[PDB]
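Structure containing vorasidenib.
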Amino acid sequence: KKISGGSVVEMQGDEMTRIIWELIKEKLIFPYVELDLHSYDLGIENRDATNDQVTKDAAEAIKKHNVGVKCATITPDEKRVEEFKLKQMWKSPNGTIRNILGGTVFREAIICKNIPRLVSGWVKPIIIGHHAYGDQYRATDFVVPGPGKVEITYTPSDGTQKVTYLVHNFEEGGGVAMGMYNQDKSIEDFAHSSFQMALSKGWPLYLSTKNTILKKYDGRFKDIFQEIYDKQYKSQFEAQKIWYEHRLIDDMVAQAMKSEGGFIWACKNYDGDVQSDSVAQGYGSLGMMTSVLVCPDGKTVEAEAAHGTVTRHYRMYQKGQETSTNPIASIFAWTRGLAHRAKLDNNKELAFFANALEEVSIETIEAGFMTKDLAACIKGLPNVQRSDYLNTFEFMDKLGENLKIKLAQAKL
Amino acid sequence: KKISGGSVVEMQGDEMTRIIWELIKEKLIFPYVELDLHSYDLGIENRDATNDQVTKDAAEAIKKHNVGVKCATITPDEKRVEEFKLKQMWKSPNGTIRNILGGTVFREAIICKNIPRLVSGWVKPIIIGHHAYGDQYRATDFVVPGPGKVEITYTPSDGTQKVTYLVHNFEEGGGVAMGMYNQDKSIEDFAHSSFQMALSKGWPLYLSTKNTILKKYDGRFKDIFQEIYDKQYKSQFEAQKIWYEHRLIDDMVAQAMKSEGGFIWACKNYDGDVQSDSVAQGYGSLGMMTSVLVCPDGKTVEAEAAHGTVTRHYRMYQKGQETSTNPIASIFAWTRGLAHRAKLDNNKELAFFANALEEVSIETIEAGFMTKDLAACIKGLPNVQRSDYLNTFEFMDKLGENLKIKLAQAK
Ligand SMILES: NC(=O)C1=CN([C@@H]2O[C@H](COP(=O)(O)OP(=O)(O)OC[C@H]3O[C@@H](n4cnc5c(N)ncnc54)[C@H](OP(=O)(O)O)[C@@H]3O)[C@@H](O)[C@H]2O)C=CC1
Ligand SMILES: NC(=O)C1=CN([C@@H]2O[C@H](COP(=O)(O)OP(=O)(O)OC[C@H]3O[C@@H](n4cnc5c(N)ncnc54)[C@H](OP(=O)(O)O)[C@@H]3O)[C@@H](O)[C@H]2O)C=CC1
Ligand SMILES: C[C@@H](Nc1nc(N[C@H](C)C(F)(F)F)nc(-c2cccc(Cl)n2)n1)C(F)(F)F
Ligand SMILES: [Mg+2]
Ligand SMILES: [Mg+2]
């Protein structure tokens with residue numbers, strides 16, 4: 001009776017998300033789906049015990065099977081190290097997994113017709129693709145104490161004459177100086193990932209750069225994106241009635257606000273980092289934002305919620321108090337992974353189920369059963385009442401009932 | 001009869017704005033106000049004629065008198081040179097003026113209750129202060145052909161104990177690399193104007209940086225602001241129930257969208273550049289954006305519309321077709337400069353008039369009299385009708401008539 005799932009790699013998470021994650025699998029997924037499951041505990045204690053070995057093993061497994069579903073994880077910081085008595089301040093699991101996999105992360109927010117938005121106009125998804133190999137985020141930056149000259153020099157490994165340029169001469173006073181770089185392969189991968197995501201998504205693609213100011217530096221991003229599109233992707237875009245274009249960031253943010261959504265926006269690392277929160281904020285609650293990591297090959301996908309472990313809610317949970325935490329992003333992480341898995345294996349039965357969960361989840365909210373954060377959006381935070389929303393367990397049950405009804409209705 | 005304005009420096013502009021500028025003076029300012037007016041023609045032909053000396057003359061004049069009102073001016077490009085056959089491809093007047101004055105531009109958009117905005121929340125002005133001296137805008141960026149080592153080095157004037165930082169070593173392939181800088185002094189001036197602007201306008205001030213990512217580079221911006229504030233302005237802010245705080249940029253944009261407005265936002269040069277276009281748009285039409293330039297001393301202010309010459313409208317006007325160009329931003333430049341002059345001169349009447357002009361202009365729109373861009377905001381772009389909006393002359397005349405009535409009751 002159960003659908004045959006295929007092979008998926010599952011990673012367990014931390015805190016509030018973890019409680020939901022088990023609930024989602026137990027009620028939402030396992031009953032109707034059978035999977036070959038490779039399960040890794042990415043929970044902070046396990047990561048600590050394994051030395052972060054488990055995280056690496058999990059990342060490798062995703063490469064082997066091509067599909068990953070992930071739960072939000074604690075990212076170690078000094079307070080955390082003190083809290084868990086961690087052996088070391090471990091690197092973020094997302095950071096490690098992205099590093100091993102390569103590929104680019106795209107964040108999109110689920111939209112419900114009843115829920116209001118900061119930007120009312122945005123009735124279609126806007127998807128942000130983030131280039132996380134950073135010009136800014138891998139940068140050499142320093143204070144300039146006193147008058148001096150700052151120069152940037154490139155030395156060819158081939159023994160060709162080295163080139164030096166004077167960034168500035170500080171005749172008087174202090175300054176701040178910086179050096180940053182980007183590499184052709186990362187940009188190339190990023191472009192390949194974005195074209196493929198758009199083609200898979202069904203939406204048009206834009207890339208934003210301040211290429212007018214920084215003709216050489218941002219020109220490479222623009223040039224690489226054009227070169228790849230023309231050579232390998234354009235006809236497919238033509239067939240699917242969608243396009244790729246390059247936009248200046250000032251134009252794009254303004255255009256995006258005016259716009260009704262429905263596009264994939266490809267962002268350089270600084271732009272993407274700013275964009276990811278802002279776009280989510282415009283849409284609504286963080287509970288409704290999902291992250292998908294997509295590699296250049298297009299075979300491999302890792303899906304996780306955009307939001308974190310939701311510690312503030314979890315603390316209430318520990319205290320024995322009631323919580324209303326949104327599972328939609330976490331639920332959607334599963335559905336997206338399943339859909340890709342269905343896509344790779346050409347499994348319609350799985351594909352149908354992954355969609356069915358998404359429809360059910362939206363339909364339930366659209367009918368007025370929702371977590372507190374959603375309720376706040378319609379009411380306003382002050383005006384929300386306990387009757388207005390379901391608690392975390394209550395919402396999942398309503399979702400479970402609906403999922404059962406929906407699937408049965410489909411049969412026949 | 002006529003209020004005594006005091007000394008003002010007025011610069012004529014180009015194209016459509018120039019036509020409006022004459023209309024504003026003729027029907028709005030001159031009848032009720034008498035000024036010591038020093039007038040420079042920044043219109044493109046005159047600028048070409050004088051080799052752009054006049055643009056320099058105006059900037060020097062503003063420093064002397066402390067107040068300038070500016071019409072939008074054409075900034076030359078290869079296309080422009082052919083059209084006017086100019087001798088040289090002249091640099092932008094704002095840039096020339098800005099360089100001579102020093103100072104930081106602040107962009108404020110007028111708010112009308114009737115007009116819808118992309119962000120539902122904003123009911124209060126958000127003012128963006130932009131740091132023109134640029135790390136990005138004065139940077140050396142180069143393509144990297146092949147495997148190489150890229151390094152950034154600082155050498156002290158004495159030449160002792162230089163530091164070398166290796167940005168990257170390209171083992172395989174090619175990339176782009178860049179180096180950028182900023183000045184302690186430029187940042188210091190930028191901070192001073194922003195603080196003075198906040199105190200002057202009675203709003204809280206926020207400075208945004210990526211200091212978590214770029215601790216040394218961003219932090220200086222962050223450090224200089226706190227140090228100046230703690231030393232000089234903090235006491236004044238507390239008296240006025242006002243505060244200054246620093247935000248990470250992602251936090252600031254998200255917080256701003258959720259916000260209702262009412263703050264001054266100080267921006268890094270790249271951040272400001274992105275902010276200016278979007279923020280005006282989020283509020284409404286570009287015709288509603290004004291662009292004051294304020295020096296660190298706080299004595300000296302320059303007022304102009306945020307928008308350009310509006311040539312697309314101008315071409316239609318030339319063709320004999322109908323035009324609906326918003327004068328609100330241009331009108332406000334006059335009002336805001338005058339408000340500064342009144343402050344400097346302690347003139348109650350000049351101060352009263354400037355507010356009345358602003359008040360009337362908002363009131364007129366709120367009543368449902370407007371140009372096409374605003375009507376588009378209310379009705380949606382494709383649903384606008386001729387009945388909805390007033391033509392550029394129609395609007396100005398209504399403003400003149402409404403202003404006269406408003407002034408009349410004061411008497
Ligand atoms: N995907 C990942 O692996 C990520 C993990 N993290 C980790 O999360 C931990 C703590 O995260 P934090 O910084 O607090 O940010 P979170 O992503 O947990 O979000 C914090 C706040 O956002 C709102 N929120 C987020 N998700 C939900 C949800 N599902 N339902 C309802 N409200 C939600 C809540 O607002 P309110 O305050 O109103 O309750 C909550 O207080 C950190 O260890 C961090 O490392 C962080 C980012 C990404
Ligand atoms: N402060 C200054 O001196 C500035 C001058 N300029 C100069 O202006 C010239 C042309 O600038 P351009 O790039 O066309 O941009 P503009 O600022 O002139 O405006 C461009 C578009 O914005 C809309 N718009 C702007 N002002 C108004 C208004 N008052 N009422 C209604 N709509 C308005 C119009 O949109 P629509 O097309 O929908 O009508 C117009 O087509 C250039 O030479 C440029 O250098 C530019 C920027 C600043
Ligand atoms: C008007 C809005 N400003 C703003 N909006 C965006 N993106 C929005 C999510 C959207 F595109 F949807 F409008 N991005 C930026 C920004 C700033 C600095 C650097 C970069 Cl790269 N981007 N600023 C504010 F402030 F009101 F929120
Ligand atoms: Mg589609
Ligand atoms: Mg208790």
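Chain letters run A, B, ... following the sequence lines, proteins first and then strands; every chain starts at 1. Side chains are part of it too, since the values below use all heavy atoms of this structure and drop only hydrogens, waters and symmetry mates. First listed ligand is number 1; within each ligand, the first listed atom is number 1. Going by what the header records, the deposited coordinates were determined by X-ray crystallography, 3.0 Å.
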#### Entry: Place of vorasidenib in the structure
ligand 3
### Task
Name the macromolecule with the most heavy-atom contacts to vorasidenib (ligand 3) in this structure, as the PDB entry names it.
Isocitrate dehydrogenase [NADP] cytoplasmic
### Task
Tell me the other chains with a heavy atom below 4.0 Å from any atom of vorasidenib (ligand 3).
A, B
### Message
Can you pull the source organism for chain B from the entry for me?
### Response
Homo sapiens
### Query
Which residues overlap between UniProt's Mn(2+)-binding set for chain B and those with a heavy atom under 4.0 Å from vorasidenib (ligand 3)?
none
### Query
What residue and atom does the deposited model show forming a covalent bond with vorasidenib (ligand 3)?
none
### Query
Which NADP(+)-binding residues annotated in UniProt for chain B have heavy atoms under 4.0 Å from vorasidenib (ligand 3)?
none
### Query
Which residues would you count as binding vorasidenib (ligand 3), with heavy atoms within 4.0 Å?
A/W122, A/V253, A/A256, A/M257, A/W265, A/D271, A/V274, A/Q275, A/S278, A/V279, B/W122, B/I249, B/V253, B/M257, B/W265, B/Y270, B/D271, B/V274, B/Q275, B/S278, B/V279
